[PDB]
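Drug flecainide bound to macromolecule Sodium channel protein type 5 subunit alpha.
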Amino acid sequence: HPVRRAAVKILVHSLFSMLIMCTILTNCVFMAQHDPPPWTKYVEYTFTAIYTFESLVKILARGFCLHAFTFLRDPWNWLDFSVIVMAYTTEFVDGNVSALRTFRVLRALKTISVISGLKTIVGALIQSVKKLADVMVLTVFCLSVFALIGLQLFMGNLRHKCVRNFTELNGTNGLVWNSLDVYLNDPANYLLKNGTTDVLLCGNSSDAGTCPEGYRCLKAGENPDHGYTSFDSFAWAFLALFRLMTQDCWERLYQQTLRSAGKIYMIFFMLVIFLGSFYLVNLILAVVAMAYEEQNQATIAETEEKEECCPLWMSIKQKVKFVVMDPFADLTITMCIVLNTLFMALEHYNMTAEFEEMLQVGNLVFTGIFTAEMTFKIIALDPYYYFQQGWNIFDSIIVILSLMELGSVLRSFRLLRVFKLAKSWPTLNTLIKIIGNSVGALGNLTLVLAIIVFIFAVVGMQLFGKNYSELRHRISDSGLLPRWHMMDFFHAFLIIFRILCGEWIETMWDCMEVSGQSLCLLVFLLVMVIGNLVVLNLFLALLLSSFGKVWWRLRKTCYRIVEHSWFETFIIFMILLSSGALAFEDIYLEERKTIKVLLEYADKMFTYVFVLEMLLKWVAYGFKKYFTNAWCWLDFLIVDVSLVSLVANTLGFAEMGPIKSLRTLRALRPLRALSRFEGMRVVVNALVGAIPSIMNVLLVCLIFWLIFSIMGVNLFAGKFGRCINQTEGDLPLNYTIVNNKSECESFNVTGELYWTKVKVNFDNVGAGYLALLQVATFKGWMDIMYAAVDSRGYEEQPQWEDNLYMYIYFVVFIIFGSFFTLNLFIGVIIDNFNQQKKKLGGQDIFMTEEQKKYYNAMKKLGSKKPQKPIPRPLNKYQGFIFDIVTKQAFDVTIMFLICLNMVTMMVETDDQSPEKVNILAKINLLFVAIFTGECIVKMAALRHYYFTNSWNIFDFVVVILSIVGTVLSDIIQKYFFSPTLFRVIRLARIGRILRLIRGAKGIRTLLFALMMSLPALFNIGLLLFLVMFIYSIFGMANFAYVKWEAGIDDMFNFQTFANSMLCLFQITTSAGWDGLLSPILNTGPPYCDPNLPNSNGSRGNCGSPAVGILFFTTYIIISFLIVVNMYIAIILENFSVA
Ligand SMILES: *[C@@H]1O[C@H](CO)[C@@H](O[C@@H]2O[C@H](CO)[C@@H](O[C@H]3O[C@H](CO)[C@@H](O)[C@H](O)[C@@H]3O)[C@H](O)[C@H]2NC(C)=O)[C@H](O)[C@H]1NC(C)=O
Ligand SMILES: *[C@@H]1O[C@H](CO)[C@@H](O[C@@H]2O[C@H](CO)[C@@H](O)[C@H](O)[C@H]2NC(C)=O)[C@H](O)[C@H]1NC(C)=O
Ligand SMILES: *[C@@H]1O[C@H](CO)[C@@H](O[C@@H]2O[C@H](CO)[C@@H](O)[C@H](O)[C@H]2NC(C)=O)[C@H](O)[C@H]1NC(C)=O
Ligand SMILES: O=C(NC[C@H]1CCCCN1)c1cc(OCC(F)(F)F)ccc1OCC(F)(F)F
Ligand SMILES: *[C@@H]1O[C@H](CO)[C@@H](O)[C@H](O)[C@H]1NC(C)=O
């Protein structure tokens, strides 16, 4: 038929796909708008018309009722049918809620149907979620187990607050309240943690927060920040542990818990962090990588299987070719490029006039140099080369661009010259290859990601815009717009970007406080899971596609005594005790007047014994076999430091600058441990066995962040210093009161006004590097961005959102500097570890010889063939019962009963009700009776069911311990009752839940992989604990007495050793390190008080910026590299065992 022919031709045409695509794109640009004019209503009709016309084309290109069913058969078409009927209904009939008008975002999905490769990527991205099923089950299982643990441990524990004393009068029941009635409604009376608008927590233990004089603490209170962080009511415990699993702002929950319960529970938090968070996240990584790998093999595999005048002009041309035949000056011009990078790099905030003049002079110099090079090389060999070769293309592009610029985004063009260093730099060539594959092979998947971000940004914006705009007061401190809202579309895209980066809870609290918990949790959890999944798939695709006789006498005695094991154990326990003596060096020495001199003599004895064994090594091994090992160098340097410190102590001239400014370097004393301990040694050989690759890629990222930092100097410089007034510690008042720095210096007639910059800012390339590290690591970036998207003038006060669209600077950076630079680091580092494994031919690293024995035996532990299957008991009743229990049904019955027990354990909260405690206790007795019955029958299977297999003895011991738990819990009243000793007997009930590992198979395999990785992780964490130790002692001697600011409260400090190890624990996960650097960087008043009384003679309460940045940046790099070791061990183990 004619109609059918026409329809088919249109359906197959290549032009109408472009039609559809442009219509969808314009629909998207019309959809991103909030409160559109009434004009757009007819454009909506136009869009519906085009959509229905295309649907008509498709159904008539099939051309019958059955054909319509065939059109419907393609699942992507269902989306189009739904959207046409939805547009038709929304025009036909609309009491009126009009909520359906956000369903038009489904049209944006049609892009993935029209593009040739988009649906391919989305279909290959669903299979990853289908492989991720076992890890999702294990993740929710661990989250549930840890949720029950934290629920019993911290039930309603976060509620604690610092309430002002209780005033009780005999009569009834400046006062005027009635106990519970006044207190819950009390809040203002509550004590507000200093420097923050949050309730302060407390604790009855002698480890939680000390409450000031006049403030006792009682569980009676509403909840923490907004009511969503509470640990009671297992639902919210599952929320808070999903938060500790994504590590989203987990330092806040960690600080709040340990402020409530007691600093001991950092054991719980580090158990969750180092086995729940890290291990589950890296298992997700591993399984996504494995699926992709299989697809690549198959995908790669499937592809593989296939069946002026003319004579003067010419003369001068030939002669100039003869003159400049050979430039061969790439070294000269590359040194010119390097000098130009260094010359632009010499920009800063307050540049002297002559300095800026010299900058411009060298500017013109280098521009002339580069034009000269281009002209000579274009009149040298051939202009068809500068026509063809893209290298010459962009060289000349930069030439013309610089000329146009000489003819503050202005200087963005000069910084293009930096890139051409890549032609001889294989590593920067690899980063260039990565950035190219981003928009090349993986361009379709980047498109999937962009479409997803768009869909969610427009969904959220017109789901919560009215709410964010009218309930704005319930979301911000003062009457103002929020810093993060969804009313516009730029801001909704920023919220979805933030959620992509990994920080969702802190804006979901707002979205729930304004909109409503159900759908807000729905959309944010959805964007979390989906967006992080596509980001993970993109990251992994890129990282994959990147590829006399007394002399003899004494010397023999010395050899025998040095190879004597008791001597080695002597020095081992010696260095242990010396590290301890270091650990006792906190601020409370002045109160410990005996341990002072005890450790004095101890230090003298340590340096004596160590120089003694040094001399023994000297006279025994000879100056060659000694100075050949590097650890001997390490011991020699350390004893050298201690000896010079000691001799300068005794022989006068000490206790002033250097020296005694070196005795803090004594905190390297633990470093002797790496030499002797067989695990730290192998892991360190694996780490410094990578400094080549690490330093290469760090130079690459230093050049790239140099580009970005120079851009940041030009855009922001001096544009950051607010001039905030003294009483409130915030931005001045408004732009009008104090607009300019030249105005606050006029209005400072009273000493109230200060014009002080933000701590981390862009004023050099140094602080530029620092602000980029903070931003690209995601911790501490809130301050940089707020100050930058407030930057109005050059020294003018910042209005609240002027220069708004800068946010795009941090967006483009964060992408190109964290999803790409950290992709380079990770990819190269992982490749390096793989190469090391291949070279060792052993293929195993981080494990010593005995650890290899453990590993092989544990691998053998997975023996598949059982013993004699089962003996029939030869007895009548034993036979009947053995038949009724050996059936595979019996296991499923017990499994459902124990999942019902789990659900019984999920439903307790704090202060539930007495009758509820009774019902739950009776149900506990009932389940322990059922399990005792299962136990006795199993033991009566024949004779040995409770000894044949490890799972059975686990069942047996948990049954016994549950019986004991009941028989002790009912007799609490007779002998003695305790508040906390009951919780431990209550918590061993979690043992029953762990039965579920048996019937489950995926959970068993993944947990077994973790078990096989436990020794490697042990050695790695041993090195990490040693590093926490070194750094904690260094900070204890260094970072003590610093002012109490954002990340350093009374409980989390560097004063004692407990506090330092805690702060360093949270900084191990890169968390909160902005908060701990913030009080070190400040030098000088207003905030600090240089020269202040201290317990120790040393004066001042302000940290050293120079040493603080070194400390924190180096610790982040080291810890990041060691948790890359963790990621690597985990991935190897997973693949190896599954
Ligand atoms: C830390 O020790 C505190 C002192 O023992 C303790 O305060 C006590 O808390 C209990 C409630 O758990 C109070 O008992 C009160 O409870 C009933 C309602 O169930 C009230 O009607 C009565 O007022 C009754 O006294 C104790 O009175 C109270 N004791 C004191 C001295 O204040 C804290 O509870 C302990 N820690 C926490 C956070 O609970
Ligand atoms: C900083 O900004 C202020 C803006 O108020 C500039 O102000 C002088 O301020 C008076 C206010 O009475 C204005 O009428 C003048 O127009 C301002 N001068 C100029 C040149 O605009 C102040 O000059 C600015 N300082 C610098 C160094 O630019
Ligand atoms: C505003 O006035 C106060 C007066 O108290 C200034 O405070 C002094 O600031 C200088 C540095 O500029 C310090 O050296 C002094 O120690 C501070 N006062 C003291 C304690 O003597 C403040 O700097 C002024 N701010 C501006 C922007 O002018
Ligand atoms: O690699 C990233 N590292 C950032 C960590 C490193 C350790 C310390 C704290 N910050 C990384 C950076 C991202 O920035 C935003 C986006 F790229 F999404 F746009 C997003 C995801 C990222 O990693 C997720 C992945 F890829 F592993 F799935
Ligand atoms: C909080 O800050 C105030 C500042 O006035 C100080 O007096 C108090 O000791 C601080 N307390 C804690 C627990 O940080």
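For the single chain, residues carry numbers from 1 onward in sequence order. These numbers come from the heavy atoms of this one structure, side chains and all, not from hydrogens, waters or symmetry mates. Whatever order the structure lists them in is the order used to number ligands and atoms, beginning at 1.
In the structure shown, the parts corresponding to flecainide are ligand 4. Site of flecainide with heavy atoms closer than 4.0 Å: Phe497, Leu500, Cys501, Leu536, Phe539, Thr777, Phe778, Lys779, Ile814, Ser818, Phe819, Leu822, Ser1070. Transmembrane segments of chain A, in UniProt's order from the N terminus, whose heavy atoms approach flecainide to under 4.0 Å: 12, 18.
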